[PDB]
J.: 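Our group is looking at a structure that contains FT-2102; some questions.
Letters A, B, ... mirror the listed sequences (proteins, then strands); counts begin at 1. One-based numbering, in listed order, for ligands and for the atoms of each.
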Amino acid sequence: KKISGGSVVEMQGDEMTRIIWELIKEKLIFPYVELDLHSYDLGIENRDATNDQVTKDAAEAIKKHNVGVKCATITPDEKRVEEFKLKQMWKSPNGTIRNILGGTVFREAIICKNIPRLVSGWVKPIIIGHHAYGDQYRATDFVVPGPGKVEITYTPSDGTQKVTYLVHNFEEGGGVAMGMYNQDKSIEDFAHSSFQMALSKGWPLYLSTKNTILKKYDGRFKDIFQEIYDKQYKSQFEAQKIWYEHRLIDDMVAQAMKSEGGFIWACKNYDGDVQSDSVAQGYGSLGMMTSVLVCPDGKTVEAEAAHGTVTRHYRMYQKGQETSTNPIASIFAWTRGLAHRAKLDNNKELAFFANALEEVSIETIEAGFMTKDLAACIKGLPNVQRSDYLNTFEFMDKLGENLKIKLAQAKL
Amino acid sequence: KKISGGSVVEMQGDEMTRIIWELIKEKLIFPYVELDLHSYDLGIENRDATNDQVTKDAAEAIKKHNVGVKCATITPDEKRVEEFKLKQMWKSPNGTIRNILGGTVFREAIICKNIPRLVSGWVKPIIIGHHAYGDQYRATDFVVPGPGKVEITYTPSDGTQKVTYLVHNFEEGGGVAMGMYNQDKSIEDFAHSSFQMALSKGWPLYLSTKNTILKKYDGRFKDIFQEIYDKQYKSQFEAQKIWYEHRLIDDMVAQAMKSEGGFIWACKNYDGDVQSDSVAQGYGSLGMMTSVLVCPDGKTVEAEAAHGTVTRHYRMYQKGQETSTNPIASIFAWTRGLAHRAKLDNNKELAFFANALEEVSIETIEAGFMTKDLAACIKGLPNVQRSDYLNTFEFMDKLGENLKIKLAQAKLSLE
Ligand SMILES: NC(=O)c1ccc[n+]([C@@H]2O[C@H](COP(=O)([O-])OP(=O)(O)OC[C@H]3O[C@@H](n4cnc5c(N)ncnc54)[C@H](OP(=O)(O)O)[C@@H]3O)[C@@H](O)[C@H]2O)c1
Ligand SMILES: NC(=O)c1ccc[n+]([C@@H]2O[C@H](COP(=O)([O-])OP(=O)(O)OC[C@H]3O[C@@H](n4cnc5c(N)ncnc54)[C@H](OP(=O)(O)O)[C@@H]3O)[C@@H](O)[C@H]2O)c1
Ligand SMILES: C[C@H](Nc1ccc(C#N)n(C)c1=O)c1cc2cc(Cl)ccc2[nH]c1=O
Ligand SMILES: C[C@H](Nc1ccc(C#N)n(C)c1=O)c1cc2cc(Cl)ccc2[nH]c1=O
Ligand SMILES: [Cl-]
Ligand SMILES: [Cl-]
């Protein structure tokens with residue numbers, strides 16, 4: 001009787017999201033879908049036990065099966081080394097996985113009619129993608145201890161004359177200096193992933209840069225996107241009545257603020273971390289922010305929540321205290337992964353199910369059943385009372401009962 | 001009869017803001033205050049006629065008199081060179097003035113109870129400052145045409161060991177590469193200006209950086225701020241029950257979103273342009289965003305609106321079409337400049353007037369009289385009808401009429 005789901009790579013994670021992840025599987029997925037799960041435990045102590053090889057193996061399995069669904073993981077810092085007695089500060093699994101796959105991470109906010117938006121006008125979500133988590137990760141920085149010239153040079157491999165550019169002549173005192181870069185192939189992958197994302201959604205695409213200032217650096221992004229668009233995607237976009245345009249970031253922000261949402265935005269910038277995005281943080285609930293890593297081909301995806309492991313809630317849970325952890329972004333990591341699996345395999349039953357679970361999630365909240373973070377979006381955190389929300393387990397139970405009702409009603 | 005205002009440097013500007021600037025002077029300032037105005041025409045044609053010397057002269061007058069009030073100016077690009085047949089693409093006057101004063105531009109949103117808030121919890125405004133408009137302006141960028149090494153080198157003037165750092169080895173294909181820098185003195189000015197701004201407001205200060213990634217580059221900002229704080233400001237902050245703390249930008253954004261506002265934020269970042277700040281663009285109109293250039297000594301200020309010259313409205317004005325240009329940020333450039341003048345001179349009458357004009361501006365909007373941009377904030381742009389707003393001239397007349405009423409009532413409340 002269960003839906004034949006097919007091959008899905010699953011990456012288990014840490015702390016509160018690891019608890020919610022199991023509730024999702026037990027209550028929302030496994031009662032209705034049978035899957036050929038290729039499970040990789042990306043929990044912090046199994047990552048330490050395999051010297052982070054499990055992360056690389058999981059990344060390779062996604063490349064092989066084209067569908068990944070990942071739970072939030074701990075990115076180690078020095079406290080985590082003291083906490084778990086780690087071998088070394090293992091790098092972010094999110095960073096390791098998208099490096100190995102060569103994809104673009106697109107973020108999307110899950111919208112509910114009763115949850116106020118930062119901008120009232122935004123009727124459809126805005127999907128934003130960044131170039132390999134931002135240029136901040138491709139920087140080489142140092143202290144200039146005193147006077148002297150800082151220069152950036154390019155020495156051709158073919159033996160042609162080197163080109164030197166003056167960064168700054170420090171005439172008196174010191175300062176700081178740094179070098180950043182991008183490879184053409186990485187920009188091309190970013191363009192292809194962005195065009196594929198726009199065609200799969202049936203929404204227009206904008207690329208934003210600061211090409212008025214970084215005329216050469218940002219100009220290259222504008223040129224590569226336009227070249228790829230004209231040659232390969234223009235007719236396909238026209239057929240769906242969508243378009244692609246470059247925008248100076250100044251105009252893009254003003255435009256996005258006056259729009260109704262419903263577009264893809266390839267944002268060329270320095271910091272692609274969701275944590276430092278004031279609009280992502282201003283929505284009031286990181287629990288509603290999902291992410292999808294899309295590839296140039298448009299055939300491989302890895303879906304995960306944009307939020308972290310929710311350590312503060314995990315500490316309450318460890319003491320037997322009630323929590324109200326929002327599972328929506330984690331649920332949409334499963335629905336987005338399953339929707340892609342269903343598309344690749346022409347599995348109408350799995351496609352129907354994946355959409356129904358997203359609908360049930362939104363309808364539950366729209367009917368006034370929600371976690372504390374969402375009740376705080378409506379009333380303001382100081383005005384929230386216990387009767388305004390459901391705890392983590394009550395909310396999962398409500399979704400499970402509404403999903404059973406949705407699928408029972410559908411049989412007719 | 002009129003208030004003796006004292007010495008104020010005035011910089012006239014361009015397009016729609018120049019029109020509003022004159023309406024402010026005629027209707028809101030000159031009927032009540034007498035000023036020793038040191039006027040500099042920073043209009044695009046006069047800047048071109050003096051080869052941008054007027055900009056430098058204005059900056060020097062600000063240093064002497066300590067109070068500047070500036071109108072929005074055109075920053076020339078290739079289209080403007082063609083438009084006005086300019087001799088060269090003159091640099092941003094805002095950038096030139098900031099560079100001469102060694103100041104930091106702090107932005108503040110003007111709040112009206114009836115204009116919806118972006119974050120409900122923000123009961124007090126957040127004042128944000130950037131480092132010399134962001135590092136994007138201190139970049140040297142180029143195309144890497146093909147395979148090869150990109151390296152960044154430092155060659156000491158004293159002849160000691162040259163240090164080379166690999167930016168990237170381009171093995172297959174090309175790409176792009178760039179170098180950015182900051183001078184210590186510029187970071188020190190930024191720290192001093194930020195500490196002075198926090199002390200003058202009586203609000204705590206946060207510096208944000210990405211020092212987890214740019215450990216050397218951003219670490220230098222954290223170190224310079226802490227050094228200066230401990231050496232010249234800790235006791236003064238402690239006396240006012242305020243504090244200074246560095247924050248990783250990730251934590252600062254989460255903290256700011258859960259706060260009540262009421263703090264100064266020195267934001268170390270790449271792009272300090274207001275027009276690419278989603279929060280500045282997300283709340284109200286840029287007509288409600290004012291700015292103040294503050295200097296390391298905490299004595300000199302230059303106030304101006306954070307928005308531009310509003311060229312789209314100027315084109316409507318040039319063709320006799322009605323406009324609805326918000327003058328609030330420009331008015332607050334005058335009130336903030338005059339409030340500083342009053343503080344420096346202990347001029348209670350000018351301090352009282354500057355505050356009364358800010359109150360009249362906010363009260364007018366709160367009583368339902370506003371420009372189209374503000375009516376669209378409340379109703380949503382599609383639902384705005386002509387009867388929901390006042391045109392540029394009607395709004396200035398209403399403010400003028402309400403200012404006359406405010407000052408008449410103040411006199412009648414005496415005895
Ligand atoms: N922050 C990120 O986006 C992120 C991404 C990947 C990995 N990580 C890892 O996650 C771990 C914890 O990071 P963190 O605590 O800084 O960030 P976090 O897990 O995203 O939690 C920060 C706070 O946001 C709220 N929150 C986040 N997700 C929520 C949800 N599903 N439902 C309800 N509230 C939610 C909670 O606020 P209240 O405390 O007000 O309830 C929570 O304490 C770290 O080890 C980090 O390496 C973080
Ligand atoms: N000195 C400065 O403070 C400064 C700052 C920024 C730019 N600039 C210069 O100003 C010129 C115009 O640049 P820009 O168009 O990007 O900037 P802008 O003048 O800020 O105008 C952009 C748009 O923002 C809205 N807007 C801004 N201020 C407004 C106000 N007072 N009332 C109502 N709406 C307002 C309008 O939107 P709608 O079109 O939807 O009505 C306007 O078209 C350029 O020459 C630029 O260099 C100078
Ligand atoms: C992916 C995310 N999407 C949304 C965030 C918040 C809200 C609200 N309210 N909505 C509707 C989004 O779609 C997003 C949007 C965004 C928009 C602008 Cl103008 C600037 C930065 C943004 N960053 C985001 O992460
Ligand atoms: C100077 C400006 N201040 C305000 C903008 C918008 C609103 C609203 N609503 N308020 C209250 C401000 O104080 C500002 C704040 C800001 C805050 C965050 Cl979290 C991020 C970026 C910001 N940029 C701004 O320009
Ligand atoms: Cl950025
Ligand atoms: Cl930035």
J.: Where would I look for FT-2102 in this thing, copies and all?
T.: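 In this structure, FT-2102 can be found at ligands 3 and 4.
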J.: Which macromolecule here is the main partner of FT-2102 (ligand 3) by heavy-atom contacts, as listed in the PDB entry?
T.: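 The main binding partner here is Isocitrate dehydrogenase [NADP] cytoplasmic.
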J.: I'm curious which other chains sit close to FT-2102 (ligand 3), say any heavy atom under 4.0 Å. Can you tell me?
T.: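 Chains with a heavy atom under 4.0 Å: A.
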J.: Counting each atom of FT-2102 (ligand 3) from 1 as listed, which ones have a heavy atom of A/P125 under 4.0 Å away?
T.: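 What qualifies from FT-2102 (ligand 3) is 13 (O).
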J.: Which atoms of FT-2102 (ligand 3) sit under 4.0 Å from any heavy atom of A/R107?
T.: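 Close to A/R107: 1 (C), 25 (O).
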J.: What atoms of FT-2102 (ligand 3) come closer than 4.0 angstrom to any heavy atom of A/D277?
T.: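 Those atoms are 21 (C), 22 (C), 23 (N), 24 (C), 25 (O).
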J.: What about A/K124: any of its N or O atoms under 3.5 Å from an N or O on FT-2102 (ligand 3)?
T.: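 Checking FT-2102 (ligand 3) against A/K124, no N or O pair falls under 3.5 Å apart.
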J.: Could you tell me, atom by atom, which parts of FT-2102 (ligand 3) come under 4.0 Å of a heavy atom of A/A256?
T.: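 Reading through FT-2102 (ligand 3) atom by atom, the close ones are 19 (Cl).
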J.: Starting from atom 2 (C) of FT-2102 (ligand 3), which protein heavy atom do you reach first, and at what distance in Å?
T.: A/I126 O, 3.8 Å
J.: State which organism the entry records for chain A.
T.: Homo sapiens
J.: Among all protein heavy atoms, pick the one closest to atom 14 (C) of FT-2102 (ligand 3) and tell me residue, atom and distance.
T.: A/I128 CG2, 4.0 Å
J.: In terms of residue, atom name and distance, what is the protein heavy atom nearest to atom 4 (C) of FT-2102 (ligand 3)?
T.: A/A109 CB, 3.5 Å
J.: Is A/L118 close to FT-2102 (ligand 3), meaning an N/O of one under 3.5 Å from an N/O of the other?
T.: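 Between A/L118 and FT-2102 (ligand 3) (N or O atoms, distance only) the closest approach is under 3.5 Å.
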J.: Could you list the atoms of FT-2102 (ligand 3) found under 4.0 angstrom from a heavy atom of A/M257?
T.: 19 (Cl)
J.: Which heavy atom of the protein is the closest neighbour of atom 8 (C) of FT-2102 (ligand 3), given with residue, atom name and distance?
T.: A/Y283 CD1, 3.3 Å
J.: Tell me, which protein residue and heavy-atom name are nearest atom 10 (N) of FT-2102 (ligand 3), and how many Å apart are they?
T.: A/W122 CE3, 3.7 Å
J.: Specify the protein heavy atom at minimum distance from atom 18 (C) of FT-2102 (ligand 3): its residue, its atom name, and the distance to 0.1 Å.
T.: A/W265 CZ3, 3.5 Å
J.: When only distance counts, is A/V279 in polar contact with FT-2102 (ligand 3), meaning an N/O pair under 3.5 Å?
T.: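 For FT-2102 (ligand 3), there is no N or O atom that lies under 3.5 Å from one belonging to A/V279.
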J.: Which FT-2102 (ligand 3) atoms, with their elements, are less than 4.0 angstrom from a heavy-atom of A/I111?
T.: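 This gives 11 (C) as the contact atoms.
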